[PDB]
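Working notes, structure below.
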Amino acid sequence: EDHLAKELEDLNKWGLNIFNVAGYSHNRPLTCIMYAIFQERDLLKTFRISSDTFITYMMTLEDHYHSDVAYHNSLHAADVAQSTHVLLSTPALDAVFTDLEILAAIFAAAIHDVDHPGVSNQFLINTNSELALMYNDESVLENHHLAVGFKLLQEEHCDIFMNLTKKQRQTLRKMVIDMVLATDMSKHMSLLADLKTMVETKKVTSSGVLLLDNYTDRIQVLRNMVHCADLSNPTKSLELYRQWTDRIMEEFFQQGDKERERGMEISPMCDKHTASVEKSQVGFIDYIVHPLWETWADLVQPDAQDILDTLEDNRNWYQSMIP
Ligand SMILES: COc1ccc([C@@H]2CNC(=O)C2)cc1OC1CCCC1
Ligand SMILES: [Mg+2]
Ligand SMILES: [Zn+2]
């Protein structure tokens, strides 16, 4: 409505507020945002994607995200897709990516947690879920979100890539698989270490813009971009970040409840009788988020300085919340 258009003014901005846009779109954040993103970047015009076909695909996809799961619902995909959309425009990455790589990264963000059940890879493996057997324990969740998302492009009324070259559907299907698999947290370190090596040997043009050789380097930056977008809640305005903290702790504690119901051992950050929400967020910033964004900032400097500042600041709020 009228509040929707006022909010979508901030589309291309880190301050954008995803809750507000969920409330104004009949609980369809992901469809509203993805649709605004394509228009903005002119993707439908570029890849002859019909608008009907696009809405039908998104709506279906949004509706495969479970709405009774506290954190991994359509809101989070919408968030990660909007965050990625901004990082893609960061000044240090200007004119570096092809249209196809841009469409790949945002699409990756959109389908990247689809059909998530609200339990970890570790849980699903220890309970012998169908999914763990299906996937032999390797990026269980991630391989699944990728299969669902690419299955839904089977219908004609949903094949939004129907007007790419064969070579383009392949080059894309490859980039997406690579980016979603990289959001599996057990790959975090390898990715961070790989990022640090890329910064070490960074090269720019005379105008402070990165020089990325060919495929290998371009997709490593995209890998890392969607992984920062996935771990961007603490770089967002305090009000937004605490609402994200509440939802993730909700989801985590429902998992701790199911673990206990079943005599299994409870993972301490999922234990609702001993885990401080506050200590845990500080830890999450000190050992995972800051190390990553610090490295990202070095790569696109000084574009992410504001982001680093917001982060240290949000850090100290949570620190000051602990006795
Ligand atoms: C807003 O914070 C968080 C945001 C996102 C996630 C991802 C989804 N699940 C993950 O393991 C990473 C975890 C968070 O916090 C958890 C780390 C321990 C405290 C809660
Ligand atoms: Mg995920
Ligand atoms: Zn995610």
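We count residues from 1, following the sequence as given. The basis for the numbers below is simple: all heavy atoms, side chains too, and nothing from hydrogens, waters or symmetry mates. Per deposition record, X-ray crystallography, 2.4 Å. Numbering of ligands and ligand atoms starts at 1, following listing order.
Most heavy-atom contacts to ligand 1 in this structure come from the chain listed in UniProt as 3',5'-cyclic-AMP phosphodiesterase 4B.
Looking at ligand 1, one finds the drug rolipram. In this structure, the binding site of rolipram (ligand 1) at 4.0 Å (heavy atoms) is formed by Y71, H72, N233, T245, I248, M249, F252, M269, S280, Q281, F284.
For atom 11 (O) of rolipram (ligand 1), the closest non-hydrogen atom of the protein is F252 CZ, 4.0 Å. Ligand-side atoms of rolipram (ligand 1) in range of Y71: 5 (C), range being under 4.0 angstrom from any heavy atom. Interface atoms of rolipram (ligand 1) facing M249, defined by a heavy-atom separation under 4.0 Å, are 20 (C). Residues of chain A that UniProt annotates as binding AMP and that have a non-hydrogen atom under 4.0 Å from rolipram (ligand 1): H72, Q281, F284. With a heavy-atom cut-off of 4.0 Å, rolipram (ligand 1) reaches no UniProt Mn(2+)-binding residue of chain A. Per UniProt, most contacting residues of chain A around rolipram (ligand 1) lie in the domain PDEase. Interface atoms of rolipram (ligand 1) facing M269, defined by a heavy-atom separation under 4.0 Å, are 18 (C). If you number the atoms of rolipram (ligand 1) from 1 as listed, the ones under 4.0 Å from a heavy atom of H72 come out as 8 (C). From the protein, the heavy atom lying nearest to atom 7 (C) of rolipram (ligand 1) is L231 CD2, 4.5 Å. Between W244 and rolipram (ligand 1), no N or O atom pair is found at a separation short of 3.5 Å.
Per-residue contacts place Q281 under 4.0 angstrom from the following atoms of rolipram (ligand 1) (heavy atoms of the residue considered): 1 (C), 2 (O), 15 (O), 19 (C), 20 (C). The contact set between rolipram (ligand 1) and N233, taken as ligand atoms under 4.0 Å from a residue heavy atom, comprises 1 (C), 4 (C). Among the UniProt active-site residues of chain A, the one closest to rolipram (ligand 1) by heavy-atom distance, rounded to 1 Å, is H72, 4 Å.
For atom 14 (C) of rolipram (ligand 1), the closest non-hydrogen atom on the protein side is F284 CE2, 3.6 Å.
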Show the short N or O contacts, below 3.5 Å, that rolipram (ligand 1) makes with protein N or O atoms; if there are none, say 'none'.
unit_1	atom_1	unit_2	atom_2	d
rolipram (ligand 1)	2 (O)	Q281	NE2	3.0

